[PDB]
Amino acid sequence: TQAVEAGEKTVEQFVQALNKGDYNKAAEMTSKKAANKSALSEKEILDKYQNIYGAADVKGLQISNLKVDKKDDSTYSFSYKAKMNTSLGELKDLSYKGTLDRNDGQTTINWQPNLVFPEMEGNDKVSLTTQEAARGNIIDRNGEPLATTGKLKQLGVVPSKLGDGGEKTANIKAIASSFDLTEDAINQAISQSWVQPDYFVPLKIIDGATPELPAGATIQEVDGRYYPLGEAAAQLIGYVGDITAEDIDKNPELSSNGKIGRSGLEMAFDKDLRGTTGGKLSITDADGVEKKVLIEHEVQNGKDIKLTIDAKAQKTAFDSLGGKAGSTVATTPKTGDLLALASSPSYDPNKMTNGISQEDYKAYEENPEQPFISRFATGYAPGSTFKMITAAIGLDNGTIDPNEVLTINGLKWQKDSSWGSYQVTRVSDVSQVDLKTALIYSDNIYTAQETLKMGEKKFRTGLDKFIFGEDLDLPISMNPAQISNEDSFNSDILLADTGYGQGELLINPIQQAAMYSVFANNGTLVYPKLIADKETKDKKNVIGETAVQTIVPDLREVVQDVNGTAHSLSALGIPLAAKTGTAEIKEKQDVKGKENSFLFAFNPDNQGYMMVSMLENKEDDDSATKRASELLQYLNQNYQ
Ligand SMILES: *C(=O)[C@@H](NC(=O)Cc1ccccc1)[C@@H]1N[C@@H](C(=O)O)C(C)(C)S1
C-alpha cells in the first residue's frame, strides 16, 4: 500500500504536467515502449499531445474521483474523471482508465492513446471545425448604432500597376494628393518586407464617397467593426483589436481569428458581445471517418446592448468642448438615465481598430491633454459647485439661517491668526452676504465660515448620506468618491476648503451627477444608469425637502440675477437652475497652477434633464458655461 500511494503521486504529477502544458515532463513519466507498456516512445507521445491539445486549445485539465488499485504483481490499474477547457467550451465527465507499472524503485504510466481522449484507439485522429460568431451591436436609447459591424471601403495600391520609375512617382503623388495621404507613407507601405509586386497594399479606409482612382489605386470592400459617432464616443464605447495568441492562451473560447474589446464598453462587455463559437470537436478513424463526437454546439451570435445614451446629445456634448480638455455628463435625473458621457480630446476609434500607425498611436499616448482618459470617470475637486451641497447640509442641521446676513469685509478672510499666510478668497467684495447672495456671487468666505460654524462632525454626518465610498453599478472603471484622504480632516483649513469643494475631495462627473440629482427629486438621490433595461435605483432622504425648496430658487437666481455667475445662460430664455465653479489646481508642470471650470444645470420646472460640464486646464476667458448653450437647448427641447 506504500506503492499504491506512489502510483497515486505518479498519476497526480502526470495530470499536473499536462495541466501546466509541459508535455515533455508528462511524457517522461511513461514506461518504455512495448505492447505491455507504453504504446509510443517519449518523443512520439510529446508530439501527440502537443499536436492534438494545441489543435483543440486545451487548458486547465482537472481530475477528480481518482481510484487506483493493484491488478497484478507489477500492474496497477488507475481511473479518474476529468474536466478540461477547449475552443468550444468545457469537456465534463471524461472517464479515463489506464495502468501503471512499478519497477525497481519508480512507478511510471503505461501510456496509451486513450490518455489523450477516453475513446482513442491505435492511430485515431482528431478534427476540429469551428464557425466564428458575429459580434453584437451597441445601440443608443433610440436604436441608433454606436458600434456595429459595417462594410468599409478599403483603399489600396498594387505596386505593379503603378509605374516604371517615372510614371510611378506621378501616380504616387496623384493618389497621395487625391486622398490626403503623405506621399512618403505610400512608398513606406509598398516598401515593407512583406510586400511583393503583384500584391494589394492597403492604405486607409474611405469614410464615404470614393474619389477618382488614379493608376494603381483600387477599392476593395472589407467588413469590420465600425463606430458611427467616432471620437464623440471613443472613450465610452472603446475599440476592438485583432486577437493575439496570448489572448487565446488566457481564454480559449475566443475566436483565434476575431476581434477582442481593448477598451471601454467593447472590453467591459466583450463576453456578451463576442457571442459563442460554434463547431464540432470529434475523434475520427485513421482513414478519416468519424468515430465519436466529443463536443458539438452551433454558433450563438453576440447579443445587442442598448444604452441610455442619446446619440444626438452625445455628439452635441462632445462638439461643444471644441477639442479642449474637458468632459460632459447629461442625465435624466429622475431615473438616472445617462444621456451623454463625453470626454475631450478624443482619439479616432475607427482608425484605431482598422490600421493605426505607430507614430499616430505614439502621438495619442504622448499628447499632453491625454485623449485616452475617460474624464467622465476621473476624480476631480468639484469646485464651487459643491457649495449647494454644503448649504443643503447646513440647512438640514439648522446651522444655516437662509436669511441671516454675514458681514464680510474684503476678499480675504481667516478664522484667526493661527492660519498663518493662508486665507479663504472670494472674487466679489459684497459686504452683506446671506445664503442667496453667496450662491449668486459664489462666495467662498461665506461657505467657509458656515462650514467652520457647523463643525466637522455635523459636516461629515451630512456628507455620509451621499455616495462617498460607494461603487456604482456601472460598467465603467472608476474609483469611489472620497471626502478626504483619511476619516478625519484634522485641520480647520482643510474643513473650510472641503466646504466649498476644494479640499482633498475627489468626485468624478458621473458621481457628481448622482449627488446633485437630489435637487431634482426633493432630496432623493437617484443612482445613474447606463444600460437601458436596468431598473431605477435610488436612495431616499439624503437631504431634506426644505433644503431643496430653499436652494433651487437661489439656483434660479444664479442664472437670472444680473450679477449671477451663470447669467449668460439667461439668453436661452428657458427655465434654468445652475451653479458654476472654478477650482484651482497645483499641477507641477509649467508656469504656476492651472484651473478647471465647472457648470451644473438642470430644468427646475419639470426635472427632465440634468447636466454637469467641466473644462480641465482651461484657457484664459474660457469656461463650461460659455459652451453649454447648445446642449442645454437640445436637452430642454427633447427631455421634459
Ligand atoms: C468656487 O470655485 C470659487 N472659486 C475660487 O474661489 C477660486 C478662483 C479661481 C480662479 C478665479 C477666481 C476664483 C468661485 N466659483 C467661480 C465660478 O463660479 O465661476 C468664481 C470665479 C466665481 S469663484
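Residue numbering for chain A follows the PDB entry; the residues present correspond to positions 39-678, in that order. Counting convention: from 1, in listed order, for ligands and their atoms alike. Just so you know, these numbers use all the heavy atoms, side chains as well, and skip hydrogens, waters and symmetry mates. Header entry for method reads X-ray crystallography, 2.9 Å.
- The chief contact partner of ligand 1 in this model is named by the PDB entry as penicillin binding protein 5 (PBP5).
- This structure shows the drug at ligand 1 to be benzylpenicillin (bound form).
- Residues touching benzylpenicillin (bound form) within 4.0 Å, heavy atoms only: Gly421, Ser422, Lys425, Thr463, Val465, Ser480, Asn482, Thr603, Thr618, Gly619, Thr620, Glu622, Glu633.
- In this structure the covalent anchor for benzylpenicillin (bound form) is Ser422 OG.
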